[PDB]
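Here, GDC-0853 is shown bound to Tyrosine-protein kinase BTK.
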Amino acid sequence: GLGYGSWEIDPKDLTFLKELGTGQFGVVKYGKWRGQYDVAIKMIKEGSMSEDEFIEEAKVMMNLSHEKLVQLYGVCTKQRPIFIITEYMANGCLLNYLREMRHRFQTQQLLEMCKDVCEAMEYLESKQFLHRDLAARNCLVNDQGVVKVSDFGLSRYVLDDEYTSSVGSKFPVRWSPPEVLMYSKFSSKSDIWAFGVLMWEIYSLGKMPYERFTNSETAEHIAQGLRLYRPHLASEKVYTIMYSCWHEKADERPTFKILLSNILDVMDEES
Ligand SMILES: C[C@H]1CN(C2COC2)CCN1c1ccc(Nc2cc(-c3ccnc(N4CCn5c(cc6c5CC(C)(C)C6)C4=O)c3CO)cn(C)c2=O)nc1
């Protein structure tokens, strides 16, 4: 109605029901939109976000829609804190989900998780849109066990120098290729590198990559050519796929379309 653009949600349409934790921009809640529709609501802590830039980008991100991508519904920007309204993912972050050993996932289910992400990433790749912080912590799981990509592109609007700096405490060092760590060379191929690390997280049930190294040691390791090695639950074929993401030469890494076709092939061979 009057006052709200297509990207704007009226916050009075929201019912807040449960706390979902805190992320880089503060508290996230579960609620209803117009008494009926499940939504998640980010409440953007003041000082944490480049808000005007985000809001202009939210207009573009409104047009991104894929079954494996957490849907943006709108923003509430007429007062602070601003809100980001999205699809709700009842089983929460993928990292915590993997770490709950009770699930006792079969390897076919782990491969489906990788496929879910790869499909989202191929979509984003098709739209020339970088994630920049692909990792299990930043994927979400719905009530049907479907994994979706979330918080894509939002790294650009983070104001926290500990996150943004390549030597900061919060920078995703362990998900970064050598050219990111050396030169800030971000590209589709740095998302590819990160996706390989994410496959490793999935097959490792959420172990920390390079768990016995610091970030500093990890940067040196990967710059010398050393890599993660095969998780116990990963077949040789699966390990070949994740490893292919880690070629020193970015231009020798696959695309998400090639990864997707490789994952489907392995599904046909191994299930
Ligand atoms: C599983 C149950 C269990 N329950 C126990 C049992 O009773 C108590 C606890 C709650 N829990 C639960 C259920 C569902 C959800 N769902 C959702 C969580 C989130 C969520 C929450 C907190 N932080 C974040 N992050 C984390 C990532 N990130 C954020 C902002 C940014 C990032 C990355 C960045 C740095 C680029 C920018 C950011 O906001 C997110 C993901 O966007 C988002 N969405 C859309 C959800 O649907 N979460 C938790």
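Chain A is numbered as in the PDB entry; shown residues: 389-659, in order. Side chains included, hydrogens not; waters and symmetry mates left out as well; all remaining heavy atoms used. Ligands are counted one by one from 1 in listed order, and the atoms in each one are counted from 1 as well. How was it done? The header gives X-ray crystallography, 1.6 Å.
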(message) Quick one: nearest UniProt active-site residue of chain A to GDC-0853 (ligand 1), and how far in heavy-atom terms (to 1 Å)?
(response) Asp521, 4 Å
(request) List every atom of GDC-0853 (ligand 1) that sits less than 4.0 Å from any heavy atom of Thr474, numbering the atoms from 1 in the order shown and giving each element. (result) 45 (C)
(request) Return only the organism name the entry records for chain A. (result) Homo sapiens
(request) Measure from atom 22 (C) of GDC-0853 (ligand 1) to every heavy atom in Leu528, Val529, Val416, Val458 and give the option owning the shortest one. (result) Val416
(request) Taking only heavy atoms of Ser538 into account, list the atoms of GDC-0853 (ligand 1) that are under 4.0 Å away from them. (result) 42 (O)
(message) Pairs of nitrogen or oxygen atoms closer than 3.5 Å, one from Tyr476 and one from GDC-0853 (ligand 1): do any exist?
(response) no
(message) Could you check whether any heavy atom of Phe540 sits closer than 4.0 Å to an atom of GDC-0853 (ligand 1), since that is the contact criterion I want to use?
(response) no
(request) Among all protein heavy atoms, pick out the one at the shortest distance from atom 28 (N) of GDC-0853 (ligand 1); state its residue, atom name and that distance to 0.1 Å. (result) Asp539 OD2, 3.4 Å
(request) Write out the residue and atom name of the closest protein heavy atom to atom 14 (C) of GDC-0853 (ligand 1), then the distance separating them to 0.1 Å. (result) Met477 O, 3.1 Å
(request) List every atom of GDC-0853 (ligand 1) that sits less than 4.0 Å from any heavy atom of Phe413, numbering the atoms from 1 in the order shown and giving each element. (result) 30 (C), 37 (C)
(message) Just to be sure I read this right, does GDC-0853 (ligand 1) sit under 4.0 Å from the backbone of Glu475, its side chain, both, or neither, counting only heavy atoms?
(response) backbone
(message) What do you see: which UniProt clofedanol-binding residues in chain A have a non-hydrogen atom under 4.0 Å from GDC-0853 (ligand 1), if any?
(response) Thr474, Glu475, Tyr476, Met477
(message) Regarding GDC-0853 (ligand 1), does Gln412 bring an N or O atom to under 3.5 Å of one of the ligand's N or O atoms?
(response) no
(message) Mind looking up which residues in chain A UniProt says bind dasatinib, and which of those have a heavy atom under 4.0 Å from GDC-0853 (ligand 1)?
(response) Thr474, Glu475, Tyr476, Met477
(request) Using a strict 4.0 Å cut-off to heavy atoms of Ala428, name the atoms of GDC-0853 (ligand 1) that fall inside it. (result) 44 (N), 45 (C)
(request) Look at atom 39 (O) of GDC-0853 (ligand 1) and say which protein heavy atom is nearest, naming residue and atom and giving the distance to 0.1 Å. (result) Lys430 NZ, 2.8 Å
(request) Run the numbers for me: atoms of GDC-0853 (ligand 1), each under 4.0 Å from some heavy atom of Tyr551, listed by number. (result) 35 (C), 36 (C)
(message) Can you help me find the covalent attachment of GDC-0853 (ligand 1)? I need the residue and the atom.
(response) none
(request) Under 4.0 Å, heavy atoms only, figure out whether GDC-0853 (ligand 1) is touched by the backbone of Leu408, its side chain, both or neither. (result) both
(request) Indicate, as side chain, backbone, both or neither, the part of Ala478 found under 4.0 angstrom from GDC-0853 (ligand 1) when only non-hydrogen atoms are considered. (result) backbone
(message) Is the contact between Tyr418 and GDC-0853 (ligand 1) made by the side chain, the backbone, both, or neither, using heavy atoms and a 4.0 Å cut-off?
(response) neither
(message) Tell me the protein heavy atom at minimum distance from atom 48 (N) of GDC-0853 (ligand 1), and give that distance in Å.
(response) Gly480 CA, 3.6 Å
(request) Give the UniProt domain of chain A containing most of the residues in contact with GDC-0853 (ligand 1). (result) Protein kinase
(request) Could you tell me the residue and atom name of the protein heavy atom closest to atom 33 (C) of GDC-0853 (ligand 1), and the distance to it rounded to 0.1 Å? (result) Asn526 OD1, 3.6 Å
(message) Mind listing the residues near GDC-0853 (ligand 1)? I'm using heavy atoms under 4.0 Å.
(response) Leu408, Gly409, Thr410, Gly411, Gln412, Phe413, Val416, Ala428, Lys430, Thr474, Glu475, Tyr476, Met477, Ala478, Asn479, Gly480, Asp521, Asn526, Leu528, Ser538, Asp539, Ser543, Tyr551
